[PDB]
Each structure stands twice: as structure tokens, then as C-alpha cells.
Colleague: 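This entry shows forodesine within the model.
Every chain is numbered from 1, with letters handed out A, B, ... down the list of sequences. Order of listing sets the numbers, starting from 1, for every ligand and every atom in it. We read in the header that X-ray crystallography, 2.5 Å was used to get this structure. Both backbone and side-chain heavy atoms feed into the values below; hydrogens, waters and symmetry mates do not.
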Amino acid sequence: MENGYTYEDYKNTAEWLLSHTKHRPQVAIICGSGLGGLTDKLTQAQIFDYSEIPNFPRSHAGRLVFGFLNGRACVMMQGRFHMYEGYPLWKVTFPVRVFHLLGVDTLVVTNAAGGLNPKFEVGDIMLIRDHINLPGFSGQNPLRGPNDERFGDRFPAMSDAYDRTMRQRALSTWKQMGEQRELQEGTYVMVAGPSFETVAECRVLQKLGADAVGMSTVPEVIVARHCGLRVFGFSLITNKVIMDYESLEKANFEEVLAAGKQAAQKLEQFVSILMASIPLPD
Amino acid sequence: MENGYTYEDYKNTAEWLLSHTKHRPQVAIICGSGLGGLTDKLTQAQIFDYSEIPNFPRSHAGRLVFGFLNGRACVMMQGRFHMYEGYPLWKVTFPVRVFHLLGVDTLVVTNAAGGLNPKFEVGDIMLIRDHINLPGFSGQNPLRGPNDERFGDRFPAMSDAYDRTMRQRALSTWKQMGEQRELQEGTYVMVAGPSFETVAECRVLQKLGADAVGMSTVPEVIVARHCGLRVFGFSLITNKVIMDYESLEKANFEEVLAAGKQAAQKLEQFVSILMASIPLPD
Amino acid sequence: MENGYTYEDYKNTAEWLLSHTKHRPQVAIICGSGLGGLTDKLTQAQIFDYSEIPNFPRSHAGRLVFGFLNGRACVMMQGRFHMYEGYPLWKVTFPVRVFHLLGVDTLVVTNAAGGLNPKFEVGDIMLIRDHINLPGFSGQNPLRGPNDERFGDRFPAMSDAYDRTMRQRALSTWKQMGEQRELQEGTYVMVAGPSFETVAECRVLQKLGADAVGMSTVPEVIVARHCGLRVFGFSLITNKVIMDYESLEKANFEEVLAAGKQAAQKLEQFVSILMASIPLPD
Ligand SMILES: O=c1[nH]cnc2c([C@@H]3N[C@H](CO)[C@@H](O)[C@H]3O)c[nH]c12
Ligand SMILES: O=c1[nH]cnc2c([C@@H]3N[C@H](CO)[C@@H](O)[C@H]3O)c[nH]c12
Ligand SMILES: O=c1[nH]cnc2c([C@@H]3N[C@H](CO)[C@@H](O)[C@H]3O)c[nH]c12
């Protein structure tokens with residue numbers, strides 16, 4: 001196997017963008033679950049369809065939106081590419097690399113996830129302190145292939161992927177919104193989906209020590225870290241994954257969208273305020 | 001990656017079959033381990049080689065056998081396609097989908113498996129109450145790719161894959177055969193094989209909570225469920241998988257065939273009687 | 001998927017080698033981490049670049065070195081092919097099969113690994129008594145595909161992969177070198193890399209019962225066993241994999257090379273002496 005892309009391609013995508021916009025973003029945001037709205041908190045918002053950008057994986061609704069969120073230069077991904085849609089991981093995470101070359105130095109990723117930790121409840125937000133990359137164990141790692149040392153090393157470390165500074169500086173930000181539910185922290189486990197877990201699979205993931213399970217994010221994290229970006233991320237718990245054979249309930253997408261729009265308020269503000277904890281550059 | 005097949009192909013395979021036979025099957029049966037004989041309990045038996053069916057994956061001995069088992073309209077698969085033979089999962093489970101379009105509404109799958117639960121013994125039959133899909137965690141899920149909503153949803157649920165009604169209605173059926181060994185129930189774990197587990201791997205699968213391990217079935221289950229079929233399945237425990245470094249014994253295929261023919265009687269009758277618990281349609 | 005190679009190709013590679021050298025090796029050695037030096041303990045050393053050998057996977061520095069190590073006919077692989085470089089496993093393990101056809105009957109494999117067992121320390125050598133093949137669970141097994149019974153069976157066993165005789169006969173050899181650190185024994189877990197484990201991943205691998213984690217070896221083991229070779233292997237623990245969020249340390253490649261050259265002495269001698277415990281043939 002190898003990456004369909006050459007260093008020149010990432011480069012060429014960045015230069016194209018660097019000449020179709022004035023924005024010089026510092027922060028990449030990859031939204032999942034009702035952070036769709038974030039668009040309207042941006043100002044000086046310039047949209048580009050994925051379809052117009054040279055080299056961009058080809059989905060539908062997908063766009064890059066540059067602008068300012070709370071005095072920070074951002075680029076947000078609206079719509080993303082998942083492994084379960086059949087993309088190889090080197091297309092899943094193509095954008096992260098285009099970001100690094102745009103000059104971005106931080107990544108914020110968010111997602112929906114089922115809660116495996118029994119404490120959690122629908123609506124909780126969980127900070128990601130760590131991950132378990134199950135597709136990665138088997139070979140599905142976005143860095144598989146020849147390494148380009150213009151991005152990073154052959155063997156990067158992931159023990160420190162999720163910036164400790166950003167995690168404290170996001171706990172602070174939660175107090176100063178006065179919330180009833182407390183901010184959660186924990187391990188996100190990636191699995192490839194697209195079907196949902198059995199009870200027995202749920203039990204497996206709880207025994208491994210995961211707190212939430214989704215079908216994204218980790219690969220973009222690994223590529224971010226390979227590149228030198230600072231990473232911060234979190235999960236909206238949209239459902240408590242089913243764990244006994246008694247329950248007549250079932251995980252479904254209505255539940256996930258339902259919950260997404262429910263936290264739409266909470267989140268856009270939460271992320272928007274977090275912008276101020278991101279140190280400027282120079 | 002994507003599926004080599006278009007909705008039109010599945011369709012075209014079904015119509016071909018629908019015009020080469022009078023049978024309008026309600027129940028699909030996918031046999032493993034000495035359910036080879038089931039053929040001769042069928043009546044009005046019409047055979048087709050896999051080789052003659054348009055689009056069918058291409059193996060050797062493989063045939064589709066339509067007919068009546070105990071007053072039910074069946075189609076049985078004799079020989080199946082495994083992941084370890086190098087088939088992509090969208091060929092492994094092509095038949096399940098052809099089945100749905102033939103009008104089938106139930107699936108019965110069976111297989112050989114090593115016993116991980118220490119209770120079990122060679123010759124035991126275990127009902128499948130749940131599975132652990134290890135290839136699925138990593139990306140090897142037969143639904144990977146664009147979803148066709150003519151079969152089902154993007155994100156189907158698997159918490160209820162194995163029909164509870166059918167499982168009670170199969171416990172009943174066991175009493176009324178007067179058996180010395182009791183009917184087992186449990187989690188089947190799929191792994192890709194084709195080599196057999198180490199002791200350390202055995203220990204891993206026991207800690208995850210599996211009761212039996214085979215190299216098939218799960219993918220056909222996931223595709224069945226995606227489609228709306230009712231699913232029922234079980235495993236013939238052909239060997240107690242090796243769990244300490246003391247034993248001089250080793251898992252082997254003679255053991256599996258040996259056991260298969262040993263339960264050939266038990267099983268054909270057991271499945272044949274189970275036919276009456278399958279509610280008719282309309 | 002299938003193997004790019006035909007039985008004829010392996011064959012053709014062996015015959016080519018059988019006519020470019022007088023050596024008729026009995027023992028294959030696949031070195032990792034500062035067994036680079038072993039070259040100079042060989043005598044009558046004949047080198048071949050990978051680049052000149054028909055059919056050999058194509059990397060850089062890679063060579064086959066035939067000769068005598070302590071009165072045994074060897075062939076050593078200097079440089080090997082990893083899964084994380086993007087090779088399919090049937091190229092990763094092409095050489096093992098060329099070895100079998102050269103007449104080799106034993107395989108010795110070594111590697112670097114992170115220590116998961118808290119007992120271990122940097123510099124320890126651990127014998128491999130067993131493995132956990134995580135890529136294998138998911139489908140990444142080098143035997144995936146049609147079986148050739150000229151090498152072995154459809155379904156070989158791995159419960160006895162690591163020769164018990166060789167493991168005792170290597171414990172002996174350790175006494176008779178008078179070492180302060182004792183020889184370790186344990187389960188090696190393969191994961192695909194190339195990134196290093198998170199803390200949460202470390203915890204997972206410890207709970208599964210692994211003692212060390214690397215990104216090689218297992219596939220060559222499975223193919224060796226499929227073929228009938230005797231296998232013996234071990235790991236140089238080059239780093240204690242990070243297991244709590246407190247530590248400011250991080251796994252890195254300098255640490256691995258650092259440690260490799262540190263045991264270069266210890267190992268070359270250790271392997272060289274082990275040669276005498278390998279029974280001759282006939
Ligand atoms: O309960 C769950 N189990 C497995 N995956 C998910 C996710 C997935 N995480 C992915 C990140 O966006 C997304 O595509 C979504 O479908 C949300 N909830 C659950
Ligand atoms: O002890 C075992 N370990 C792993 N797999 C299997 C199976 C596999 N299950 C598959 C379902 O037919 C079949 O191809 C068979 O080889 C039977 N016994 C064992
Ligand atoms: O701490 C670790 N974690 C995961 N893999 C490795 C290895 C890997 N094992 C592989 C066998 O040579 C090699 O390429 C190396 O990078 C050494 N140490 C560690």
C-alpha cells in the first residue's frame with residue numbers, strides 16, 4: 001500500500017488556498033455533531049467547497065470555512081471523511097496536513113460518541129485525555145507507508161497527544177460558564193464502524209478502559225501529532241451504549257442528531273470561549 | 001475501497017434465480033461443519049452450482065440447494081466464502097443480500113468453533129446470543145463503503161442481532177429431543193484466521209468474554225441485520241482451544257471434521273425440527 | 001486479495017541463490033536492534049544485496065549474508081520489511097519461504113521491543129515463549145489467501161510455535177556466560193505501528209497479558225511454522241513503555257538505537273553460543 005499523495009500535492013493544495021484567501025489561520029477546527037452552527041460565530045467568514053479545492057477527497061455538503069473565532073484566525077471543516085465510508089486513512093487525514101502547511105499550529109477536534117463509562121449521561125461533554133486506537137493495532141494507521149521527514153519522524157510518540165495545558169485551560173473555562181453537569185475527562189476508543197456495538201463488544205471496550213467510543217478523530221490526531229500540531233479534543237456523549245441483554249433500547253442515529261442540536265448552544269459557546277486560552281504565535 | 005457490486009448486480013442475481021426455480025424460499029441456511037448432509041432432508045431439492053449463478057463469488061464444491069425442510073421453503077449454502085481465503089467481505093456476504101431479494105426473511109447460520117468457555121466440551125452445541133467482531137473493530141466490516149438505503153441504514157444496530165424469540169423457541173426444541181448434554185448459549189468471537197490461536201491468544205479471547213471462536217458468520221450476520229432479516233445461529237464446539245503451556249495437544253482440522261460427522265445426525269434433526277418454530281409469512 | 005508470488009517464484013529465488021553460493025545454510029537469522037554486527041562473527045561470509053536477488057522486496061541497506069556461525073551454516077537478514085512501511089505481509093515474509101527452499105530448518109528471529117511487564121528493565125533480553133498477533137485477529141495474517149500445501153496446511157497450529165527444547169537450551173547458555181541480569185521469558189505482542197503506544201494502549205496490552213510489544217516478527221513466525229521450521233526468538237527490551245500520565249518521558253528511536261549498540265556485545269556472543277545447541281541435520 002501507499003499514500004496516493006506526494007509531498008508536492010499537500011504543498012500545492014496549501015499554496016492554492018494561500019492565494020484564494022487573506023486568512024492566515026492558526027487554529028484548525030474539525031467539528032462533529034451540531035457544531036455545524038459554528039459557522040455563524042465566525043466573522044469575515046470565507047467558505048470553499050471541498051469540490052473546488054485541488055486534491056481534496058470527494059464526498060456531499062463539505063466545505064472549508066476560514067475566519068475569526070473570538071479573536072483567533074481559524075479554518076473549520078464542516079463534514080469530514082470516515083474510514084467506514086471506504087476512505088483509506090491517508091485521505092481521511094489529508095486535510096490535517098494541508099493545515100500544517102497553511103501555518104496552523106493547533107488542532108481542535110470534536111465528535112459524537114457513545115458513553116461506555118457508566119457515570120456519563122447523554123449531553124455530557126468529555127475531554128479527551130487519551131485514546132485507544134484499535135484500527136491502528138491492526139495496521140490501519142494513517143502513517144503506514146514511507147515516512148516523509150518533512151512532516152515528522154518515522155516513529156512518533158503518542159503518550160502525550162492531548163495537550164495538558166489545553167485540558168486545564170479548558171477545565172477553567174467550564175467553571176466560568178456556570179454549568180450543572182460537570183466537564184468529563186477520559187479515554188476515547190476508535191473503532192471503524194459503521195455498525196453499532198453489540199453488548200458483548202461494549203463489555204470489551206469497557207474492560208479495555210475506554211470511556212467513550214466513536215468512529216473518527218484518532219487518525220487526525222495521529223497525523224496532527226506527527227506534524228507538530230498541538231491537539232485538543234472532546235466528545236459529545238450522545239447515547240449511553242447498551243450494556244445488558246435486558247434493555248429494549250438500541251443505539252440509532254436519530255438519538256445522535258437529537259443530542260447534537262441539544263448541545264449546539266452549549267458547544268459553540270464553549271469552543272468559542274476556549275479560543276482565548278489558545279496562546280497567540282511568535 | 002468499495003464494494004465491487006452495484007445494487008443492480010444483487011438484483012440481477014435474484015431475478016436470474018427467480019426464473020430458474022419455482023421455489024420461493026423464506027429461510028436461508030448457511031451450513032458449517034457436517035451439516036453437509038442437510039441436503040437429503042430437503043424435498044423437491046433443486047441444486048445450482050455457484051459457478052452457474054451470475055455474479056457469485058468463484059471458489060470448489062459450492063452449490064445453492066432450494067427446497068422444503070419440514071414444511072418450510074429454504075435455500076441452503078453448501079460451502080461458503082471466508083475472509084482468510086482472501087475474499088473481501090463484500091464478497092463473503094454477497095449471498096445474504098441475494099437472499100433478501102429472493103424474498104427470504106430469516107437467516108440460520110451455523111459453524112464450527114473452538115470452545116473457550118471451560119464448561120464446554122467437544123460435541124456441545126452453543127447458541128449464539130451475541131458476538132464480538134474483532135475484524136470489525138479494525139475496519140473489516142462488510143458494510144464499509146457507501147451505504148445503499150435500499151438495503152438499510154448507514155449505522156445499524158447490532159445489540160439485538162440474534163433473535164430472542166428464536167433462541168427460546170430453540171431451547172424448547174432441545175428438551176423435546178431428550179438430550180444428555182444440555183444446549184449451550186454464549187458469545188461467539190470472530191477472528192480472521194486461518195492459523196489457530198496461541199495459548200496467549202486464547203487467554204485474550206477468554207478475558208474478553210468470548211465463549212467460542214470461529215473464522216466466519218459474523219459478517220453474514222451484520223449484513224443480514226442491515227437488511228432486516230431475522231437471524232438465528234449456533235456453533236458446534238469441535239475442540240477445546242488449548243489454554244496452558246503444559247498440554248501436548250494441538251488444534252487441527254481432523255478434529256474439526258471428526259466432530260462434524262459425529263453431530264451430523266444430531267444437527268440435521270435439530271435444525272430440521274427448528275423449522276416449525278419459524279413463523280410463516282403474511 | 002492475494003499473494004503477488006507463485007510457488008514458482010519462491011522456487012526460482014532459491015535456485016538462483018543455490019547457484020551463486022556454496023553455502024547450504026541450516027539456520028536463518030533475522031536480526032533486529034544491534035545485531036547488525038553479527039556479520040563479523042561469520043566466517044566465509046558471502047554478501048548479497050536484496051537489490052540483486054530475483055523477486056526480493058525492494059527497500060535501502062538490505063543484504064543477505066551467508067556463512068558459518070560457530071560451526072553452523074547460516075544465512076542472516078540484515079534489514080527486514082515491516083508492515084508499517086506499507087508492505088503486504090506476503091512480502092514481509094517472502095524470505096522465510098525462500099529459506100525453507102534453501103534447505104534451512106531453523107529460524108532465529110530477534111527484535112527490539114518496549115517492556116510492558118513492570119519487572120523488565122532496559123537492557124533485559126526476553127525469550128519469546130508466546131505471542132499475541134493483534135493484526136492477525138483482524139485479517140492481517142501472512143497466510144491469508146489460497147493455501148499452497150507444498151508449504152503446509154490450510155489451518156496450522158500456533159500453540160507450540162516457539163520450540164520448547166530451544167528455550168531450555170537457551171536458558172542453559174545464559175548461566176554459562178555468568179550474567180547479573182537474569183534471562184527473561186514471556187509473551188510478545190505484535191502491533192502494526194509505526195507510531196508508539198498511548199498510555200491507555202499500554203494499559204490495554206498489559207491487561208491482555210503481553211510482556212513486550214514490537215512491530216515485527218510474528219508474521220515471519222507464522223510463516224516459519226506453516227513451513228515446518230523450528231523457531232526460536234527473543235527481544236531486546238529497549239524501553240519501558242510509558243504507563244501513567246505523570247511521567248514526562250516519551251518512547252523514541254534514539255533510546256532504541258542507544259540500547260541496541262549497548263547489547264551488541266552481549267547479543268552477538270549470546271546468539272553465537274546458542275548455535276551449538278542447534279542440533280545438526282540428518
Ligand atoms: O455509540 C456509538 N458507537 C460507535 N460510534 C459512535 C459515534 C461515531 N463517531 C464518529 C465521529 O464523528 C461519527 O461518525 C459517529 O457515527 C457516535 N456514537 C457512537
Ligand atoms: O479452534 C478454532 N479456532 C479458530 N477458528 C476455528 C474454526 C473456524 N470457523 C469457521 C466457520 O466455518 C471455519 O472456517 C473454521 O475453520 C473452527 N474451530 C476453530
Ligand atoms: O516501545 C515500542 N512500542 C512499539 N514497537 C516497538 C519496537 C518495534 N519492533 C520492530 C521489530 O524490529 C521494530 O521495527 C521496532 O520499531 C521497538 N520498541 C517498541
Colleague: Curious which chain letters or ligand numbers map to forodesine here.
Modeller: ligands 1, 2 and 3
Colleague: Just wondering - which macromolecule does forodesine (ligand 3) hug the most here, in the naming of the PDB entry?
Modeller: Purine nucleoside phosphorylase
Colleague: Which other chain letters have a heavy atom less than 4.0 Å from forodesine (ligand 3)?
Modeller: A, C
Colleague: Among C:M83, C:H82, C:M215, C:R80, which one puts a heavy atom closest to atom 8 (C) of forodesine (ligand 3)?
Modeller: C:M215
Colleague: Looking only at protein heavy atoms, which one is nearest to atom 1 (O) of forodesine (ligand 3), and what is the separation?
Modeller: C:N239 ND2, 2.8 Å
Colleague: Report, in ascending order of atom number, the atoms of forodesine (ligand 3) lying under 4.0 Å from any heavy atom of A:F155.
Modeller: 16 (O)
Colleague: Write out the residue and atom name of the closest protein heavy atom to atom 6 (C) of forodesine (ligand 3), then the distance separating them to 0.1 Å.
Modeller: C:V213 O, 3.6 Å
Colleague: Which protein non-hydrogen atom lies closest to atom 12 (O) of forodesine (ligand 3), naming both residue and atom, and how far is it?
Modeller: C:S216 OG, 3.1 Å
Colleague: Out of all atoms in forodesine (ligand 3), which are within 4.0 Å of some heavy atom of C:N111? Include the element for each.
Modeller: 11 (C)
Colleague: Among all protein heavy atoms in this structure, tell me which lies nearest to atom 7 (C) of forodesine (ligand 3), with the distance rounded to 0.1 Å.
Modeller: C:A112 O, 3.8 Å
Colleague: Does C:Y84 come within less than 4.0 Å of forodesine (ligand 3), judged by its heavy atoms?
Modeller: yes
Colleague: Any idea which part of C:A113 is under 4.0 Å from forodesine (ligand 3), heavy-atom wise: side chain, backbone, both or neither?
Modeller: backbone
Colleague: What source species is given for chain C in the PDB entry?
Modeller: Homo sapiens
Colleague: UniProt phosphate-binding residues in chain C with a heavy atom under 4.0 Å from forodesine (ligand 3)?
Modeller: C:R80, C:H82, C:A112, C:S216
Colleague: Can you report which non-hydrogen protein atom sits closest to atom 3 (N) of forodesine (ligand 3), along with the distance?
Modeller: C:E197 OE1, 2.8 Å
Colleague: Any idea which residues from other chains are within 4.0 Å of forodesine (ligand 3), non-hydrogen atoms only?
Modeller: A:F155, C:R80, C:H82, C:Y84, C:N111, C:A112, C:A113, C:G114, C:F196, C:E197, C:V213, C:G214, C:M215, C:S216, C:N239
Colleague: Which protein N or O atoms sit under 3.5 Å from any N or O of forodesine (ligand 3)? Give atom names and distances.
Modeller:
{"unit_1": "forodesine (ligand 3)", "atom_1": "1 (O)", "unit_2": "C:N239", "atom_2": "ND2", "d": "2.8"}
{"unit_1": "forodesine (ligand 3)", "atom_1": "3 (N)", "unit_2": "C:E197", "atom_2": "OE1", "d": "2.8"}
{"unit_1": "forodesine (ligand 3)", "atom_1": "3 (N)", "unit_2": "C:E197", "atom_2": "OE2", "d": "3.4"}
{"unit_1": "forodesine (ligand 3)", "atom_1": "9 (N)", "unit_2": "C:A112", "atom_2": "O", "d": "3.4"}
{"unit_1": "forodesine (ligand 3)", "atom_1": "9 (N)", "unit_2": "C:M215", "atom_2": "N", "d": "2.9"}
{"unit_1": "forodesine (ligand 3)", "atom_1": "12 (O)", "unit_2": "C:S216", "atom_2": "OG", "d": "3.1"}
{"unit_1": "forodesine (ligand 3)", "atom_1": "14 (O)", "unit_2": "C:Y84", "atom_2": "OH", "d": "3.4"}

